[PDB]
Colleague: 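Got a structure for you, written out below as structure tokens; questions coming shortly.
Within every chain, numbering begins at 1; the chains are lettered A, B, ... in the order of the sequence lines, protein sequences first and strands thereafter. Just the heavy atoms: all of them, side chains too, but no hydrogens, waters or symmetry mates, feed the values below. Header lists the method as electron microscopy, 3.1 Å. Start at 1 and go down the list; that is how both ligands and their atoms are numbered.
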Amino acid sequence: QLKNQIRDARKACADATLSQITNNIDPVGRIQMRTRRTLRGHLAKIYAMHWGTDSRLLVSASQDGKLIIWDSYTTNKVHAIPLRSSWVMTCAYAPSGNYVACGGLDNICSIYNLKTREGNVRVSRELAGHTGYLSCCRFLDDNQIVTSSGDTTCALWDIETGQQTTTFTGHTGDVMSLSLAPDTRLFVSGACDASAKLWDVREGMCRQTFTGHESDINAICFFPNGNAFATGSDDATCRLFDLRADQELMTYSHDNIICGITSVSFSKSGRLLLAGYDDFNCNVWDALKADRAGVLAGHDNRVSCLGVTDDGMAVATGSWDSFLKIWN
Amino acid sequence: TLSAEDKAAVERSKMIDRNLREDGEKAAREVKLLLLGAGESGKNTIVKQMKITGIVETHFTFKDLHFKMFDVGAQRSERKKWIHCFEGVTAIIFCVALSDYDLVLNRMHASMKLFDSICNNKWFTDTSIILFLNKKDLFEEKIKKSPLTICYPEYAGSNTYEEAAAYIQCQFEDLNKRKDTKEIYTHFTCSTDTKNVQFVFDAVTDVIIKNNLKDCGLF
Amino acid sequence: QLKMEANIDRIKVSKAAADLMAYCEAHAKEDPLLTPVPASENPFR
Amino acid sequence: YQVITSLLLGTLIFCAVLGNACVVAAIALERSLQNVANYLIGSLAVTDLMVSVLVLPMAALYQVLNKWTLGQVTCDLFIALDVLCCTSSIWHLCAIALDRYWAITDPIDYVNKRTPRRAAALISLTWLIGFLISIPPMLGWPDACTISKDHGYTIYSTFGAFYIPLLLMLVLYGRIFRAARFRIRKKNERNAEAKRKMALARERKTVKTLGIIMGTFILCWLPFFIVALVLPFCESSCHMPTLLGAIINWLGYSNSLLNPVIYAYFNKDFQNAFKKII
Ligand SMILES: C/C=C\C/C=C\C/C=C/C/C=C/CCCC(=O)O[C@H](COC(=O)CCCCCCCCCCCCC)COP(=O)(O)O[C@H]1[C@H](O)[C@@H](O)[C@H](OP(=O)(O)O)[C@@H](O)[C@H]1O
Ligand SMILES: O=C1CCc2ccc(OCCCCN3CCN(c4cccc(Cl)c4Cl)CC3)cc2N1
Ligand SMILES: CC(C)CCC[C@@H](C)[C@H]1CC[C@H]2[C@@H]3CC=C4C[C@@H](O)CC[C@]4(C)[C@H]3CC[C@]12C
Ligand SMILES: CC(C)CCC[C@@H](C)[C@H]1CC[C@H]2[C@@H]3CC=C4C[C@@H](O)CC[C@]4(C)[C@H]3CC[C@]12C
Ligand SMILES: CC(C)CCC[C@@H](C)[C@H]1CC[C@H]2[C@@H]3CC=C4C[C@@H](O)CC[C@]4(C)[C@H]3CC[C@]12C
């Protein structure tokens, strides 16, 4: 009854879709991009990456067990951290840049300190307690961190104490994605249940639920305005859900594309969206016209991660071929 | 052209790259194995035999060859979301408990289903599988009490171990649909600890030799 | 859990779409990806 | 008449250069093709490219004009370059056979002690043998110019350039064939029949590959070396025709372009890389 009531409420407010209003909006056209920098050095497939707030330094995690930080301006490797576990699938970069978190199949995503009196990297904190593989743990502040695990639960931990301050439960399937809003007050999550959940950090109870996907959700990313987000699944369709309308706006799909998706990102203005498909390619779609606007080739294996800088100067895409390509 | 700070950063990056290359070259000289099977198949027994909260890594050396074995059974989750990380392993050691043929989790059926799922996975098309059958003595003691028909209604035969073990091995080896690409090795675990290690070493050597022959175009 | 989810404010999607367009056009002039940037100020050159 | 021969020689040289350059570029640019096994193939391709662009055109010009019009010192340089390049190309086959035998028969060494330094050492050894064979005739010492016909020098060149590497290659490939056979041989009736059929197919494929590899090299090089060994020892029977000599020489030179086809164009990963390029 309650679910039927919610469905009726969300359906009754849909008479005009944004896609038809976007017809009057002029198309963005073809955005031709070329590889500006080619970061190399990984000897195994990479699984995740993050962009710094200064839009100059980036960090990546790969299967060989090395966490590498590159200076995108000069390609030089700044820091290389040897990891205890080589099965890492995620990494994160603190907004202040003092700490770096990384994890994987092991139930701990360790946080390392980059600012030490000895001038060398060292382990700062190990967050044990999860009973499943950690999909991704993202920094919330210099002392708080949000972690998404494969045990269908999320956890907010205090770095100084090492104990999870908050626990989020309710997902039936394992949560494979997690994105943080610019306000750092509420976050979206995506699981294999073909649905997404909007949570808020402070009170720690379920704020909203979105559905519509037909397969496991692998990627998620907040809209720059913070009132919307995008999700991707194995159904080769990108779905944009906004927190205030509580309904789907458009579906990005094409006949040519049939493989799944791995990463979703937004530009600085949010006009265009970037997706990384398993067919060793990236697709740049228009977030408004819902049509394809660009194709980024140049990867010899499945694309695993990609990310835009804070200032939007360039976008760096990684893949299983152990090479990172910077496009502007 | 380049300032002092830029030059120092260039040398630091070069040193880091050289160290990373050396570490990768050192790590590339190890044979990686992936362990799979049901929890009640006596995995720990063979683990402690060869070795003497998620991924369990076991490192051991034998006849100048180093083996790193990754056990994933310690955690339960969706297999199709992290198994691709194990692509490229030299071999998959599968564990099966014969004595669980008449235990309802049906345990033998679940083991066969898991073996079918793993063997025919697209990520392990070229990955060899080494099958181990654990607890043969207790199976011999149990088979004197119940026939094979409690688990295999469509099977008729004698209740002798020499035939029952062969039938189980044939049934397990008949599940693969890519016999040309991959071969399955079956061994019976015994009290002698060195026998399992020798069988694993022989299987790994055979797999390496077959891969080399395929690369040379002979096999 | 679902009992209290329905007790939220419900508005029209047209104003949300208008807000999305307004946010998109407001920052369109400050998007390096949207409009190609020359080498005069491009740091990746 | 000379026009047809010149055109055919130019076409052969052009095809050889194209093949060698394509193999070299594909090996150099690709990342998945950088390994110890492929380094020897790359060195062989570079050597054959050097033969095609440095030795083949001048020999073709000599054949077309039927006489040397470039000078005695030019002929000496041509002989030195041709001997060195041919010896290096021949010894590349022996080095590749030795590497394959070591990899197949010693898996522990393949896993642990196999490094590109081994391939570099093999290439350096082949070049050293080529130099030690090419230097002595000039170190110790008009319209038609030929290699010195000293019996001792001829015996040394033939033995250290073709016969010894041929014997080593034959022994290594026989051991490889024995090992491959040992590995291959080592309701249910249908499964047994399928296993026997697969074993027979693998045996046939191995036999075909070994036969092709041996026969190409044999037909390319053996008759020329037999002729070069027999001619100086019988001055009273040097009535052999020029046509047969030209045919033998060009058949021997065709090994330079035939080697990449057998060793590079027949690999599944190499043609996959070629398709990736297009
Ligand atoms: C007894 C009765 C009578 C019978 C006896 C007499 C007649 C006998 C004839 C028997 C046939 C002989 C030739 C066999 C041809 C053949 O079978 O090839 C088939 C089609 O592929 C191509 O042809 C690919 C060919 C394309 C190669 C490129 C050519 C064009 C390049 C031009 C160069 C210049 C370009 C710029 C199938 O291919 P294949 O099974 O033969 O391929 C194998 C290859 O032969 C092995 O050598 C190779 O081993 P390796 O190279 O040594 O490492 C194996 O890995 C495998 O690749
Ligand atoms: O009357 C004619 C007509 C036709 C003609 C065409 C070309 C020509 O160029 C000379 C090239 C010879 C072939 N080289 C000889 C050197 N050779 C080698 C290499 C290592 C060891 C050893 Cl022992 C040897 Cl021989 C490799 C193959 C001369 C003539 N003469
Ligand atoms: C310069 C070029 C034209 C020389 C080419 C020679 C080739 C085509 C000839 C020479 C000797 C021949 C091989 C001799 C021996 C065998 C072994 C047999 O079990 C299968 C065929 C096979 C493999 C023959 C196939 C074709 C063969 C390889
Ligand atoms: C088929 C390919 C791959 C290998 C074999 C090439 C053979 C068949 C071809 C290539 C070049 C040809 C030779 C080119 C030049 C001459 C010199 C002339 O005065 C007589 C014929 C002769 C000797 C030709 C005969 C046949 C030849 C040797
Ligand atoms: C300038 C460029 C286009 C030169 C192209 C050269 C390469 C790419 C060409 C020349 C001959 C071609 C090959 C000839 C024979 C075969 C065997 C067939 O069963 C699969 C394709 C394959 C393997 C072809 C693929 C591409 C190929 C290797």
Colleague: So what's the drug over at ligand 2?
Modeller: aripiprazole
Colleague: Please name the chain that forms the largest contact set with aripiprazole, as given in UniProt.
Modeller: 5-hydroxytryptamine receptor 1A
Colleague: Would you mind telling me which other chains place a heavy atom less than 4.0 Å from aripiprazole?
Modeller: D
Colleague: Do any other ligands or ions come closer than 4.0 Å to aripiprazole?
Modeller: none
Colleague: Could you check which UniProt serotonin-binding residues of chain D come within less than 4.0 Å of aripiprazole, heavy atoms only?
Modeller: D:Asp82, D:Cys86
Colleague: Name the transmembrane segments of chain D with any heavy atom closer than 4.0 Å to aripiprazole, counting from the N terminus per UniProt.
Modeller: 2, 3, 5, 6, 7
Colleague: Quick one: what's the binding site of aripiprazole if I count heavy atoms under 4.0 Å?
Modeller: D:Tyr62, D:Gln63, D:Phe78, D:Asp82, D:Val83, D:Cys86, D:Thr87, D:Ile147, D:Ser157, D:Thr158, D:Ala161, D:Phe224, D:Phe225, D:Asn249, D:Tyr253
